[PDB]
Peer 1: 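Attached: 3C-like proteinase nsp5 with tofogliflozin bound.
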2 protein chains.
Amino acid sequence: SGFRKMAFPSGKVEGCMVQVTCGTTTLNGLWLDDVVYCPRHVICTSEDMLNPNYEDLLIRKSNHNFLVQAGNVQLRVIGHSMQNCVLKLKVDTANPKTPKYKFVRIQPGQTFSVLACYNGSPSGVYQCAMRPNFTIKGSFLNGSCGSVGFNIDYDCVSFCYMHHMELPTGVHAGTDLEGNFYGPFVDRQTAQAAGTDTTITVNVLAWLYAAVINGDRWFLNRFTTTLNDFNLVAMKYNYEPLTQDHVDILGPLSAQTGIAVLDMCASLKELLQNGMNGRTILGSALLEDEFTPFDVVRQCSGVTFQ
Amino acid sequence: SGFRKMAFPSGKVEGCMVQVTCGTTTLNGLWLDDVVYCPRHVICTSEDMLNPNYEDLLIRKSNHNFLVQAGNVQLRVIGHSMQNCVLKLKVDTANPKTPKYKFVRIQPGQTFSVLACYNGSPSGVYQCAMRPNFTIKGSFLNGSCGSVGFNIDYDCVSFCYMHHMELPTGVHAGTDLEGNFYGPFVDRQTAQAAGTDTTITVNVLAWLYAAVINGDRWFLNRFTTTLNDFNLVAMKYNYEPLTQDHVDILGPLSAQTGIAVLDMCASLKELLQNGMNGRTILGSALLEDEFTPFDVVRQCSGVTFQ
Ligand SMILES: CCc1ccc(Cc2ccc3c(c2)[C@]2(OC3)O[C@H](CO)[C@@H](O)[C@H](O)[C@@H]2O)cc1
Ligand SMILES: CCc1ccc(Cc2ccc3c(c2)[C@]2(OC3)O[C@H](CO)[C@@H](O)[C@H](O)[C@@H]2O)cc1
Ligand SMILES: [Cl-]
Ligand SMILES: [Cl-]
């Protein structure tokens with residue numbers, strides 16, 4: 001036992017990272033089959049970003065202007081095109097390391113792993129979640145744009161995110177692999193502010209289920225509640241309303257533990273009202289919301305990937 | 001910016017994981033060059049573990065009894081030998097994926113990443129630290145024995161840990177790659193209890209330096225202290241005494257931030273005495289001690305690995 005914020009093994013995605021340089025800008029790209037995906041702002045300069053017209057900035061570029069390096073070998077670019085906020089560079093070699101993969105657009109509250117990269121070289125891996133206000137709370141220095149978020153199922157990598165920018169508040173915005181941003185964010189430097197960072201209540205309960213499975217049970221109480229009562233409390237603490245679909249996704253953890261979902265909501269409610277009183281749950285002194293119900297089951301079941 | 005508990009990319013180690021079965025027991029092994037390392041308790045049954053005599057249990061084994069599978073291909077075992085608590089199985093093929101690597105025995109307070117594996121297949125990766133009482137607080141289900149902890153420098157993997165067992169308290173014990181356990185723990189089921197889980201003060205300050213670099217500065221105050229005063233406080237809160245070598249390792253973060261190490265200790269001191277008052281630092285409501293000073297510099301500098 002033990003429960004930890006665990007990322008997916010990163011090897012399969014490490015094999016797709018490449019460096020992309022246009023003019024003076026270098027960032028990362030993702031090499032899948034014979035196509036290299038990267039943020040389109042690689043073609044921008046520093047003022048270019050105040051109010052760029054990418055359609056016009058790309059007119060000045062040709063295939064030979066995009067220097068793509070995979071490890072120490074240069075890749076040949078035979079085509080380029082813009083799709084939403086991403087450029088797709090067609091190279092003349094298929095990546096030999098391409099895993100089986102899919103492109104998916106995730107929902108707020110879902111989690112995924114990030115392989116932070118600089119200059120096409122991996123730096124580290126950590127788990128993140130798509131926040132209800134559509135930002136992620138990552139770790140990104142300059143040059144990390146183009147690093148991707150992903151989940152792995154069996155032997156299929158589902159890419160879900162590509163990094164594009166940092167708000168003045170230090171949180172992060174990006175796109176899916178079709179180039180569409182999560183949320184209202186745009187790839188220009190402007191007054192962009194994030195909405196409320198509401199907590200993903202269904203992940204919190206999942207994590208409370210994890211704790212009981214992993215021996216922490218002090219928060220369990222003699223009470224129960226209803227969805228309509230619970231939700232008055234979640235609305236007061238800036239929590240996502242809990243829904244019947246969520247109660248349903250929590251069924252399996254409820255079955256394995258024998259603790260009814262609504263009794264667990266009653267545990268969460270008292271914790272919101274009274275705090276933890278200086279105690280801890282799974283090593284944390286605050287309620288954790290970046291573990292989905294699939295993530296607790298997966299980690300508590302030892303699911304592996306081939 | 002942003003600061004997160006980041007693991008090392010796991011691809012290089014994913015290429016060394018293999019399944020090891022002796023009789024009915026399956027666990028993981030590490031395939032480096034032509035040798036496969038795994039816990040010696042793979043040769044034990046269930047009662048065998050109360051007070052095993054591995055010397056005698058191994059006398060009953062031969063090379064053909066150790067079934068080593070790498071992905072879907074079986075490996076041929078041409079030799080086996082015990083070194084402390086690990087068995088070394090010599091196979092007739094060198095692993096083609098062997099990275100450059102080293103075996104190191106770490107010091108308490110040092111951190112490393114774990115690639116949790118089941119049946120020779122990776123499941124996830126997370127960062128851990130060797131605790132002052134020589135246990136690690138991991139995530140391990142049955143079948144995870146043999147998963148390794150590691151750090152990567154440049155393109156050299158320094159293996160530092162191999163998982164072997166769980167104490168009744170849910171914390172974990174293991175060995176280095178030479179087969180010697182960290183701490184007093186032995187590979188038998190007995191009354192083994194962990195000593196105090198003291199906090200690694202030099203990592204805490206490192207993380208306080210990370211927070212200031214990442215915009216959290218509310219804990220900074222108008223005070224300073226001395227090592228001898230500070231240490232009276234660390235001793236009262238079950239913190240490791242801070243030493244001059246530690247002040248020295250913190251120099252670079254002190255230089256980059258302009259906050260004197262002893263002023264930062266004065267910040268840590270008030271936090272120990274008054275608590276955080278319901279606020280948070282780098283997203284945590286408690287003081288984090290599993291980031292070493294090298295880990296903050298590395299993550300805040302974008303160091304990558306080839
Ligand atoms: C085969 C051995 C094994 C596997 C997994 C676990 C841990 C575990 C954690 C979390 C969940 C579950 C199991 C699970 O879903 C939520 O529990 C449901 C009700 O018992 C069950 O119907 C599901 O098939 C599923 O096992 C223990 C032992
Ligand atoms: C080249 C661009 C760059 C690199 C790294 C960073 C972040 C950074 C974080 C943490 C530390 C340091 C830097 C560092 O050690 C601790 O700061 C010391 C005093 O300035 C310096 O002497 C060291 O070389 C080292 O830069 C910013 C910009
Ligand atoms: Cl916390
Ligand atoms: Cl974490």
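Below, chains carry the letters A, B, ... as their sequence lines are ordered, and counting in each starts from 1. These values consider heavy atoms only, across backbone and side chains, with no hydrogens, waters or symmetry-generated copies. We count ligands from 1, going down the list as the structure has it; atoms in each ligand are counted the same way.
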Peer 1: I'm trying to find tofogliflozin in this model - which chains or ligands should I check?
Peer 2: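 Counting every copy, ligands 1 and 2.
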Peer 1: Which other chains line tofogliflozin (ligand 1) with heavy atoms at under 4.0 Å?
Peer 2: A
Peer 1: Which UniProt domain dominates the contacts that chain A makes with tofogliflozin (ligand 1)?
Peer 2: Peptidase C30
Peer 1: What is the closest protein heavy atom to atom 16 (C) of tofogliflozin (ligand 1), and at what distance does it sit?
Peer 2: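 Ranked first by proximity to atom 16 (C) of tofogliflozin (ligand 1) is A:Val297 CG2, 3.4 Å.
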Peer 1: Tell me the nearest of A:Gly302, A:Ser301, A:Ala255 to atom 4 (C) of tofogliflozin (ligand 1), using heavy-atom distances.
Peer 2: A:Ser301
Peer 1: Which species does the entry list for chain A?
Peer 2: Severe acute respiratory syndrome coronavirus 2
Peer 1: In terms of residue, atom name and distance, what is the protein heavy atom nearest to atom 15 (O) of tofogliflozin (ligand 1)?
Peer 2: A:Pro252 CB, 3.6 Å
Peer 1: Of all the non-hydrogen atoms in the protein, which one sits nearest to atom 7 (C) of tofogliflozin (ligand 1), and at what distance?
Peer 2: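 Checking every protein heavy atom, the shortest distance to atom 7 (C) of tofogliflozin (ligand 1) gives A:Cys300 O, 3.4 Å.
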Peer 1: Just wondering, which residues come within 4.0 Å of tofogliflozin (ligand 1) on a heavy-atom basis?
Peer 2: A:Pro252, A:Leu253, A:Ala255, A:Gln256, A:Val297, A:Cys300, A:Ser301
